[PDB]
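Drug present: acetazolamide.
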Amino acid sequence: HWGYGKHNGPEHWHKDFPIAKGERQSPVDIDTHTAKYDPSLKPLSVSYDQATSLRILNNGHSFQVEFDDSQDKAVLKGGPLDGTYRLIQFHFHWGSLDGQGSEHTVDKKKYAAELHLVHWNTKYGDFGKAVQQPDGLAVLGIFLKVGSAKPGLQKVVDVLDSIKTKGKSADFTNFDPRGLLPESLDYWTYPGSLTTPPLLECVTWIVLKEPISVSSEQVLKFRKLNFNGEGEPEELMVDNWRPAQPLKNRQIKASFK
Ligand SMILES: CC(=O)Nc1nnc(S(N)(=O)=O)s1
Ligand SMILES: [Zn+2]
């Protein structure tokens, strides 16, 4: 099965998932001088005040916080989207060192981690149907840089001990994802894919220009997680990021100049 090690890592994925070499793979490097400003682009609409978190899971590749998506509780609209997209989960990608960890890069700069807020287009009825559609998902990508602590992240950091190994989960209610957003919602956007198998090309990527700051201590706890299950040999969960893929026939658009 796939992973991020020396024998099952991203360069190997294409043997089981040939779309890995597809035309709209993610992530990509955002070249800030060739991104096109598009005034036609609307502001993002983030409506998370009614969000309902349920659970946090070590899924063996990352950890994810899951939400109730049976109704329009927490949705993303606007930006380059038509239709409304419900929040289903968020997760992170991070590095073994502060100089790497993000999936997207900006002018080849890497950040310490990257947060993905995953949303699916309600017109398709359920998540499994949405991932088979070119406009099925919208993922909000937020960069993390090491500096001052982020108060809104600490509730997450504090429960990681409880889900240290693969398949562990814990109740995680009343978490407000608004505490994870930057002040500005300016963004870049491009059509792309899931960055983990099955790598389906169903994602409208929305990557925020402004990073959020987290402390060294906060990102250190991420690095204490395990890829393995309980009772197995310990392998620390680090460097669970895919490198940049060729842009090919695509234009990155910016909502700002
Ligand atoms: C179920 C689920 O949300 N799947 C994900 N797979 N890759 C994702 S990512 N890194 O592109 O946001 S989301
Ligand atoms: Zn992700």
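Residues displayed in chain A correspond, in order, to the PDB entry positions 4-125, 127-261. Start at 1 and go down the list; that is how both ligands and their atoms are numbered.
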Worksheet item: In terms of chains or ligands, where should one look for acetazolamide?
Response: ligand 1
Worksheet entry | Chain with most contacts to acetazolamide (ligand 1) (name per the PDB entry) | Carbonic anhydrase 2
Worksheet item: At under 4.0 Å between heavy atoms, which part of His94 makes contact with acetazolamide (ligand 1): side chain, backbone, both or neither?
Response: side chain
Item to complete: Considering only non-hydrogen protein atoms, determine which one is nearest to atom 11 (O) of acetazolamide (ligand 1) and report residue, atom name and distance to 0.1 Å.
Response: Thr199 N, 3.0 Å
Worksheet item: By number and element, which atoms of acetazolamide (ligand 1) are closer than 4.0 Å to a non-hydrogen atom of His96?
Response: 10 (N)
Item to complete: Note the single closest protein heavy atom to atom 2 (C) of acetazolamide (ligand 1), along with its residue, its atom name and the distance in Å.
Response: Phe131 CZ, 3.8 Å
Fill in: UniProt domain holding most chain A contacts with acetazolamide (ligand 1)
Alpha-carbonic anhydrase
Fill in: Close-contact set for acetazolamide (ligand 1) against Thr200 heavy atoms, below 4.0 Å
6 (N), 7 (N)
Item to complete: Would you kindly specify which portion of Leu198 sits under 4.0 Å from acetazolamide (ligand 1), judged on non-hydrogen atoms: side chain, backbone, both or neither?
Response: both
Worksheet item: Looking only at N/O atoms, are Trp209 and acetazolamide (ligand 1) under 3.5 Å apart anywhere?
Response: no
Just the distances, no angles: every acetazolamide (ligand 1) N or O to protein N or O pair closer than 3.5 Å, one line each.
{"from": "acetazolamide (ligand 1)", "atom 1": "6 (N)", "to": "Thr200", "atom 2": "OG1", "distance (Å)": "3.1"}
{"from": "acetazolamide (ligand 1)", "atom 1": "7 (N)", "to": "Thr200", "atom 2": "OG1", "distance (Å)": "3.0"}
{"from": "acetazolamide (ligand 1)", "atom 1": "10 (N)", "to": "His94", "atom 2": "NE2", "distance (Å)": "3.3"}
{"from": "acetazolamide (ligand 1)", "atom 1": "10 (N)", "to": "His96", "atom 2": "NE2", "distance (Å)": "3.3"}
{"from": "acetazolamide (ligand 1)", "atom 1": "10 (N)", "to": "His119", "atom 2": "ND1", "distance (Å)": "3.4"}
{"from": "acetazolamide (ligand 1)", "atom 1": "10 (N)", "to": "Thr199", "atom 2": "OG1", "distance (Å)": "2.8"}
{"from": "acetazolamide (ligand 1)", "atom 1": "11 (O)", "to": "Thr199", "atom 2": "N", "distance (Å)": "3.0"}
{"from": "acetazolamide (ligand 1)", "atom 1": "12 (O)", "to": "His94", "atom 2": "NE2", "distance (Å)": "3.4"}

